[PDB]
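Bound state: Glucagon-like peptide 1 receptor + PF-06882961.
Here chain A follows the PDB entry for its numbers: 28-128, 135-423, in order, are the residues you see. In each ligand, atom 1 is the first atom listed, and ligand 1 is the first ligand listed.
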Amino acid sequence: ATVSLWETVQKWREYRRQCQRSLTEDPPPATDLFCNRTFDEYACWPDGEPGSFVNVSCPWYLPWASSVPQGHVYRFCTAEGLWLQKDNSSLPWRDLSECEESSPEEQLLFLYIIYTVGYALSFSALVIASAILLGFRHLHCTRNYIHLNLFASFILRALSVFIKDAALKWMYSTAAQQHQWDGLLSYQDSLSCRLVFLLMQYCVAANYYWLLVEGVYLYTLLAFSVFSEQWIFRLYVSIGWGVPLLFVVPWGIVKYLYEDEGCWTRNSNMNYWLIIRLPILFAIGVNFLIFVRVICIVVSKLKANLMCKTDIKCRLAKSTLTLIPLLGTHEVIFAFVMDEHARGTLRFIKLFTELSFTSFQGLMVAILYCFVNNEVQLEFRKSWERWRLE
Ligand SMILES: N#Cc1ccc(COc2cccc(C3CCN(Cc4nc5ccc(C(=O)O)cc5n4C[C@@H]4CCO4)CC3)n2)c(F)c1
């Protein structure tokens, strides 16, 4: 199994709660002059009779606490009833030598750097592409409207991941000592974390639905449904931007009401998470069906003409490589390779690898459908010919 600082802090939470409960639930000694019990971010020492040490077993939240489960952290208090002071008047003396001791933290830090650079290339490419597709009035179709909505979806997704990773600065605090673990959990179980992480869940689902809209619109062009345009366009924008709210807010309400701690991370024994991951899988499967049907149409269309041995293969390969970015069909590979029962560091390493590869779908789309496009080059040439005369 894989453990990291995440699991250590999660165990520390339970240890602190348990020791804090036993701190008051423990009956006080009848005699006096005793040394006062406490919990000082490392272990919960009990009352100690004066003139001798206190022998607490090694805390069990430590990653190495199982190798030697008989070491004792040693502390001494004076026979007058005072914890022994260390030199230079610091925290009371305690002996720690008994129990004491690439990695997933560095791994996660590198996957994070590649993913931020990619989502930051995709953001730049798509903002320039949206500007170009909005500037010229000759590029106003309905398919271009769908493209602009898709680009807006990608930009919103890439802006949400930056807000999650710079709200909580986990990329500096991955080497935190004991005295900072309260400030991590305190921020975790707050409301700002919950809302910043629920916004990300909606911006991730809108992005899959605006790729189901692309697929369905292409299919309805090729399956000859020429229904009333205004009804069709309003229906498409609706299914794009407002269907997520049909499975996000039920999840966002059950998690709010029924959970006491945490920042809406996957629950241990329950399975509340299916309200978000079930429709995403549904949309991925449907878009895969649309992809295979459209390829089945294109292959016959180019088989109908007169072509050599290698030109059909070249054209089919080029068409497929052009269509995988728009319909997001690489997700079906990613959905199979992801374990949906892993929690913690295992889950955070599987998810970040997908996000490193699927972070530059937005640059790929913006370069395939706004820069190597024929008509955009044509419009640039037309505008430069006129500006030549002044
Ligand atoms: N308590 C606590 C604590 C413990 C350790 C550290 C620092 O060390 C370590 C070690 C391993 C991994 C990590 C980071 C790994 C990930 N991020 C934040 C984060 N991105 C997420 C994306 C998707 C999901 C998901 O479920 O889909 C959930 C996501 N989560 C976890 C929670 C959920 C909102 O944020 C949290 C930390 N950090 C600390 F900063 C805080």
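- Here, the model contains PF-06882961 as ligand 1.
- With the cut-off at 4.0 Å and only heavy atoms counted, the binding site of PF-06882961 comes to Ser31, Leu32, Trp33, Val36, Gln37, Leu141, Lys197, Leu201, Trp203, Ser206, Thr207, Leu218, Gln221, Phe230, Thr298, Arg380, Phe381, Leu384.
- The deposit credits the origin of chain A to Homo sapiens.
- Transmembrane segments of chain A with a non-hydrogen atom under 4.0 Å from PF-06882961, numbered from the N terminus per UniProt, are 1, 2, 3, 7.
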